[PDB]
Amino acid sequence: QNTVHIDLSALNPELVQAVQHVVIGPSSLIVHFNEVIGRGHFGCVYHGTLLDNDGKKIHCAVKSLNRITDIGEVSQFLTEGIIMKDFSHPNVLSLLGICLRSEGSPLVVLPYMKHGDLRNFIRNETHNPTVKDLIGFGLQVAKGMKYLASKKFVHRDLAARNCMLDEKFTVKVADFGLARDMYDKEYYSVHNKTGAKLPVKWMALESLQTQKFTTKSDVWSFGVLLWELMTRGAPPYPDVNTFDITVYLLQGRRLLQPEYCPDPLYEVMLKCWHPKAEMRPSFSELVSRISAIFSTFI
Ligand SMILES: CCN1Cc2c(ccc(F)c2C#N)O[C@@H](C)CNC(=O)c2c(N)nn3ccc1nc23
């Protein structure tokens, strides 16, 4: 549609062609602004009712971006997150499209997750996840990161709070690309010189020192995610406040083994926490080490 040139006239030409491939007509989307499912730094996430080509009314989550005041920053956000339109994996949150509107902000359309984020699903005292069920979640997250890493994409915010569960209990890595924001305002430290939002208790040791993220720092973060699942959503490093983490990790200290974490899986965690990033296993090694531990549960 030609609405891109008008409603997003601050976009680089090549990005105009990119976002044009994923535009949703306003007649296809019903945004339930009175049914807010959550908030965030960049804006709110509402309920949605998308209508596909055949006519299926699909439940979706619509992310508002009205809090980004600078209209040039909106173009940068779409510039950094448009690549996600090329991602199609069962364990990675797909992108349904973008609804554009001048005198307003572009609406990002994501599919709805019935059981919310993975952390609040396993912390909830009403659900009963067996040890095997929790390792199944970790295996799916490793499958999603194996795909993302294969696309040379760095997540730099991988945590149980950023993974989701659909109706069939399929885990989907999220909080990346156009769906990236800050939804838990207690775990992130804002850099006063660069503005980057850092999950310090999830970043690799080398990431805390130089502020860079590779495909090995998400392996470290994936280690926290496996620790969270075993502890059913306990806060990592509870006795170490955010200024001693870096010194805590330089001595070689790591997270203790959870009371119900099988020894082979903890071994996978320490591998993710190698001080040398090049010694950590790839997400393809993780998808074979964890799947083997998950298959012993027959
Ligand atoms: C924009 C996409 N987001 C936002 C979102 C969150 C929380 C954690 C996340 F990694 C993401 C992401 N990416 O929002 C939080 C305020 C709460 N989000 C939800 O309860 C939610 C749901 N039940 N389905 N569903 C689908 C998508 C979706 N959020 C949800």
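Along the sequence shown, residues carry numbers from 1. Just follow the structure's listing: the first ligand is 1, and inside any ligand the first atom is 1. Basis for what follows: all heavy atoms, side chains included, without hydrogens, waters or symmetry-related copies.
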I'm looking at ligand 1, any idea what drug that is? elzovantinib
By the naming in UniProt, what macromolecule does elzovantinib (ligand 1) touch most in this deposit? Hepatocyte growth factor receptor
Binding-site residues of elzovantinib (ligand 1), heavy-atom cut-off 4.0 Å: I37, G38, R39, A61, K63, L93, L110, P111, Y112, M113, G116, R161, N162, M164, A174, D175, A179, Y183
What organism is given for chain A in the entry? Homo sapiens
Okay, next thing: which UniProt active-site residue in chain A is closest to elzovantinib (ligand 1), and how far, heavy atom to heavy atom, to 1 Å? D157, 7 Å
Residue-wise, which UniProt domain of chain A is most involved in contacts with elzovantinib (ligand 1)? Protein kinase
